[PDB]
Colleague: 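Hi! I'm looking at a structure that contains methotrexate and have some questions.
Chain letters: A, B, ..., in sequence-line order. By the PDB entry numbering, chain A shows 11-112, 123-151, 161-276, in order. In chain B, numbers come from the PDB entry; the residues present are 11-112, 123-151, 161-276, in order. We number chain C the same way the PDB entry does; the residues here are 11-112, 123-151, 161-276, in that order. Following the PDB entry, chain D shows residues 11-112, 123-151, 161-276, kept in their order. As the structure lists them, so they are numbered: ligands from 1, and atoms in each ligand from 1. Heavy atoms only: backbone and side chains are in, while hydrogens, waters and symmetry mates are out. Per deposition record, X-ray crystallography, 2.3 Å.
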There are 4 protein chains.
Amino acid sequence: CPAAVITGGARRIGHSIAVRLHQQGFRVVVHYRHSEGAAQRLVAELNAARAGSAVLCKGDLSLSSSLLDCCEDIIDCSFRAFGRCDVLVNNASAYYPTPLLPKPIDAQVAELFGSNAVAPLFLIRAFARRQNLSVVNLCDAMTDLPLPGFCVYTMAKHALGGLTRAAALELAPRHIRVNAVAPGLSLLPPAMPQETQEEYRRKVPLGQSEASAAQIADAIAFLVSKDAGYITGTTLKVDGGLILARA
Amino acid sequence: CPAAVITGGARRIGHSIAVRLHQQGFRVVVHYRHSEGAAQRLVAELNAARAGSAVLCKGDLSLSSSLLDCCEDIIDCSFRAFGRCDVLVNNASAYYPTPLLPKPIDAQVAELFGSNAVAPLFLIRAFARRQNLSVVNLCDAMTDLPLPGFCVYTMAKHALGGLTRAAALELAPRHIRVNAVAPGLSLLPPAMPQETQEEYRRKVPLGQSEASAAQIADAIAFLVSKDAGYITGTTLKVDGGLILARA
Amino acid sequence: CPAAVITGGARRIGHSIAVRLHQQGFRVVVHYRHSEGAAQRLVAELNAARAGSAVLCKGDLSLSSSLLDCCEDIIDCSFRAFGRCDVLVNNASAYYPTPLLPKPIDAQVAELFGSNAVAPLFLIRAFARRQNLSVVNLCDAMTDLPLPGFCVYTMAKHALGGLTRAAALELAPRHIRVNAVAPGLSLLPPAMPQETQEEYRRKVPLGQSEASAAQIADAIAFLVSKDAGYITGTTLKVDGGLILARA
Amino acid sequence: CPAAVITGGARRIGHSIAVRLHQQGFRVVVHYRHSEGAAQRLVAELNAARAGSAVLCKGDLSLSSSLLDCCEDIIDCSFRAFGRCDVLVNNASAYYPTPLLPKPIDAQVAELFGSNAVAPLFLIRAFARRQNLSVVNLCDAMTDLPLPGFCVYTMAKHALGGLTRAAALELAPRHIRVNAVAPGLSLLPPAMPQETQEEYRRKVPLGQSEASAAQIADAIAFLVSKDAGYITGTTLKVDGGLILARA
Ligand SMILES: NC(=O)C1=CN([C@@H]2O[C@H](COP(=O)(O)OP(=O)(O)OC[C@H]3O[C@@H](n4cnc5c(N)ncnc54)[C@H](OP(=O)(O)O)[C@@H]3O)[C@@H](O)[C@H]2O)C=CC1
Ligand SMILES: NC(=O)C1=CN([C@@H]2O[C@H](COP(=O)(O)OP(=O)(O)OC[C@H]3O[C@@H](n4cnc5c(N)ncnc54)[C@H](OP(=O)(O)O)[C@@H]3O)[C@@H](O)[C@H]2O)C=CC1
Ligand SMILES: NC(=O)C1=CN([C@@H]2O[C@H](COP(=O)(O)OP(=O)(O)OC[C@H]3O[C@@H](n4cnc5c(N)ncnc54)[C@H](OP(=O)(O)O)[C@@H]3O)[C@@H](O)[C@H]2O)C=CC1
Ligand SMILES: NC(=O)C1=CN([C@@H]2O[C@H](COP(=O)(O)OP(=O)(O)OC[C@H]3O[C@@H](n4cnc5c(N)ncnc54)[C@H](OP(=O)(O)O)[C@@H]3O)[C@@H](O)[C@H]2O)C=CC1
Ligand SMILES: CN(Cc1cnc2nc(N)nc(N)c2n1)c1ccc(C(=O)N[C@@H](CCC(=O)O)C(=O)O)cc1
Ligand SMILES: CN(Cc1cnc2nc(N)nc(N)c2n1)c1ccc(C(=O)N[C@@H](CCC(=O)O)C(=O)O)cc1
Ligand SMILES: CN(Cc1cnc2nc(N)nc(N)c2n1)c1ccc(C(=O)N[C@@H](CCC(=O)O)C(=O)O)cc1
Ligand SMILES: CN(Cc1cnc2nc(N)nc(N)c2n1)c1ccc(C(=O)N[C@@H](CCC(=O)O)C(=O)O)cc1
């Protein structure tokens, strides 16, 4: 049985990824930072389906003196619990505005660049050094049309895109595939008022609806499968045509 | 049972795609131009497995006065035979050099632009007007790094990518998804000497091997499946990292 | 004194380019199809400032059995009149909708693909075989966000983008540079009502104004200058941040 | 008279840029880190040409508790010395390998990301808050074909690209243009043995030669000039077609 590590796999999309992989024979490591309770409910639920098929792992992925070691332990966790790690899904991501013109800015680049870019880099490094192996990074189809006010987040995601291709090429000799899935509009913020959410959905050309977590899980499932054995360094966009819409 | 049209489906990649879709309940129309024998052997072979599950259709897709009528009939064939058409795979493609510096150039653009770009347009146009509907175009991942001497072929493939995105947006309201699969190095020319073939394969970062028709068919099968129901206007690269390699 | 061919150079952007290059010592060949009067006035106005520094040349760039010969004569015209041709600006371009769902379609593809892609190809080809040489193609920055209903036009421009990169690479050894300028929103349709025009200008991030013909011509002048002597195969976007705006 | 800040402007490309801008009537703030000698010879040399036209400024741009204030002072330096800052050229850049498979990695990500992305972000942020204003970031045309072993540098530059577009959109209302120039093969490492250097030059399609520093300054001078008044959010590639070369 192959093992997979899902960062931020406690809720939403990450939760759907952890479940999907598990439904396919994967033993999963569910990482989280604060959604400890949601994490436990998922792990328990998975082990109830298959004893010893799911473990928990807590860790902050922000830039810090402890980030490099934290990433080392998160991967080490897969080996301690399952003796192996075949799949890494970089789903954990900090997301909020940081307007150029008027929490500290320094602390923002630390949390935004850490979770969306640097942690993934440290995780892949650790994953590759301890070795159907594949990595799947979660990108954002919309970063090409920068969301006003999310400057730092945009840079972070662009950097992650550079990591997907840079890693893809260096790990090819090691037979490790590195790809990405780029959602456009998926699960909306839970606090966001319905009328606002409805103004967002109406923008999606294909069905005027956001992508469900399961549809995103589907794409990831395809990329980790043997049906994508020749695919590496590619980004799979899942945005219902949203990026194609003219302003 | 859904029906699928596959242009240039008698041999190589088209053949593999036709077999893959058929194994999934699809009633396929095999289109061909010169490979009449191969087409008959494929249809017979397919019907043998399920009576009335395959039909044949001949037609040149080069630019001409007849192209528009020809593409209408090719789609009409699916309806006459199965009363429906749910999937269209634009696979047919002419491919040969057209060096800028020293068969008539006019006739070359007629054949290269017709099969790679204009017929697909007319086919999509007919497919949409006669309506899990989806179209899949066979692109080329290496066209961003122009193969010297294949200028016209390259322009055609770029037009095709343009069609993939324009059609995806115009057809979203009609619930028809339009995507593309972009091979990098797949089935090599049968007449190319083995040593030259070996020099080409050695360039592939992931395994130093070309993609098998089945690995290309896998990606395609994924894009027509319900697991891609939210995917439209995207190009799935299947090149084992080739496009990432620095000269 | 160097010579420059500007296709569709009788009015609008083409007109502005002919004047800029002329004010720089260039001897221009003003090509046109229907704008015979405008071409005569422009040529006279330029010869007035410098005798024998401008010539006229009529020719349809739609797909045809004559296209190839026409393109040969258009380049030959510059040699007949100036004994040389250093710069080719592919500005001529047909533009109008071709909706997938309901003038013959065949005639529309002949004109859109002819002027936007095939002619430029034959022109570049002729330009090269008869040789600071450089070619500048007029692309469209907004084609990445397909304008609903302009499907054929969009494909043509993508083909033109492919030609820019393919020609640049093939012609590097011949010391001929090949670049492109991609306007976003520039000279609006003269018949478009003011309010509609005002709605379009509002969409531009940088100044809520469209690009003036002179600003497009400035970019063109730079790429043909020696200050761009190491620049080939690149596309210079001049859209005032329009392509960055989210829908 | 306008003032321009040039990071890493003591030698090579940065030096060429400072001179060019100075030759156009610009008052320049020459920033450096260790090239203290070259910085002083450049500034005196420029002050000899025009008294009080050039000032010096030393600083490190790696991630740190002090980075934010260091960037603030570098911009402030322009106002103290000239009471204004119109142009900002982000040239400074750390460059070296960081192989995924076997100086600390944490330290490397701090210097590579700080100088190539984060510092630029704080400079732009400082430059905008204190306000023909434009920013020019130095990118890398080859980052799309990741150089094996430069994983971190590649991510840093990708992030720089996201910043160029993010900033360009957010600062359009403030009338500040943000663009980028992306060299391919320019000045080789001074310690690199000639034969290696020759092997690198041979790969350049246009002339088989690297871009001189002047050719790069030309592109930058153009983007800062009024001849690019409508250009923002764009990346100008200057690689002699190197990026088009198929491996
Ligand atoms: N949803 C959408 O519409 C879109 C999503 N995406 C991308 O898809 C992925 C999943 O998105 P979505 O489910 O909405 O994400 P969320 O923002 O809901 O969750 C991200 C998860 O990662 C965790 N996390 C955030 N910051 C850190 C940190 N510094 N260290 C460790 N963990 C952290 C969260 O905390 P905790 O574990 O405490 O709960 C959370 O569970 C992301 O990478 C996102 O960028 C892209 C486009 C659209
Ligand atoms: N093979 C590779 O390495 C790569 C392939 N691709 C793309 O994948 C797709 C499949 O490739 P591959 O199987 O090698 O293709 P082939 O070139 O082998 O076959 C194309 C097929 O389409 C048919 N065809 C060609 N011209 C015309 C025309 N004018 N009118 C009608 N039919 C025509 C052929 O004729 P007939 O039916 O008479 O035999 C042929 O069977 C193509 O779109 C190709 O561009 C992209 C990158 C790499
Ligand atoms: N204006 C804008 O807002 C934008 C323009 N662009 C691009 O910039 C370039 C210049 O644009 P613009 O000035 O508006 O273009 P126009 O559409 O006004 O003019 C194109 C010119 O080329 C000629 N032409 C059109 N079809 C043919 C043909 N089949 N054969 C010969 N000549 C033909 C015209 O005919 P005739 O000589 O008979 O008058 C016309 O003078 C174009 O390539 C356009 O695609 C891109 C984005 C935006
Ligand atoms: N040269 C080429 O072939 C290519 C260059 N480029 C890009 O063009 C730009 C200029 O390139 P090039 O002149 O070769 O660059 P160099 O690497 O020669 O110089 C970068 C400059 O910035 C300074 N610097 C380096 N690290 C730091 C740091 N951590 N903090 C502050 N300053 C630092 C240097 O130190 P000091 O002041 O001590 O001398 C140096 O003056 C760069 O952004 C580069 O990425 C892109 C492709 C190719
Ligand atoms: C598509 N998306 C949903 C969403 C949900 N969680 C995520 N989580 C992460 N990590 N990354 C994402 N891209 C992400 N995206 C979006 C896009 C824009 C805005 C946005 O404009 N937000 C404003 C609020 C807008 C309003 O309600 O008026 C803000 O101030 O944050 C919110 C969610
Ligand atoms: C990846 N590919 C295989 C291949 C085979 N059939 C195809 N068929 C079509 N429709 N489209 C393709 N892209 C295609 N590609 C290639 C790539 C380069 C050359 C090439 O350079 N060909 C030289 C021959 C090179 C040699 O053997 O010396 C030629 O003149 O045709 C051939 C096939
Ligand atoms: C940016 N642009 C200006 C412009 C004018 N002449 C050109 N000429 C050429 N050859 N190419 C262009 N891209 C071009 N574009 C545009 C963009 C959209 C529409 C457009 O949607 N037109 C509708 C009319 C919109 C309306 O007024 O309601 C049409 O049906 O033609 C027109 C001009
Ligand atoms: C194009 N380029 C020149 C060069 C010089 N200084 C720079 N400085 C910065 N800031 N950024 C750059 N991109 C840059 N590029 C390159 C590209 C690759 C290698 C490279 O492969 N370097 C090997 C040496 C290769 C060898 O000689 O064997 C190394 O280990 O450093 C060197 C220079």
Colleague: What are all the ligands or chains assigned to methotrexate?
Modeller: ligands 5, 6, 7 and 8
Colleague: Main binding partner of methotrexate (ligand 7) in this structure, as named by the PDB entry?
Modeller: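 Per the PDB entry, the chief partner is pteridine reductase 2.
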Colleague: Heavy-atom contacts under 4.0 Å: which other chains make them with methotrexate (ligand 7)?
Modeller: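 Those reaching under 4.0 Å with a heavy atom: C.
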Colleague: So, 4.0 Å and heavy atoms of C/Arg22: is methotrexate (ligand 7) close enough to count as a contact?
Modeller: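 So C/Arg22 counts as touching methotrexate (ligand 7).
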Colleague: Around atom 17 (C) of methotrexate (ligand 7), find the nearest protein heavy atom and jot down its residue, atom name and distance.
Modeller: C/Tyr105 OH, 3.3 Å
Colleague: In the protein, what heavy atom is nearest to atom 30 (O) of methotrexate (ligand 7), and what distance, to one decimal place, separates them?
Modeller: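 Result: C/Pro107 CG, 4.3 Å.
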Colleague: Measuring from non-hydrogen atoms of C/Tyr229 to any atom of methotrexate (ligand 7), is the shortest distance under 4.0 Å?
Modeller: yes
Colleague: Hey, could you tell me which residues sit within 4.0 Å of methotrexate (ligand 7)? Heavy atoms only, please.
Modeller: C/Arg22, C/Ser103, C/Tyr105, C/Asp169, C/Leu176, C/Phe179, C/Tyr182, C/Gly213, C/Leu214, C/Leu216, C/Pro218, C/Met221, C/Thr225, C/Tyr229
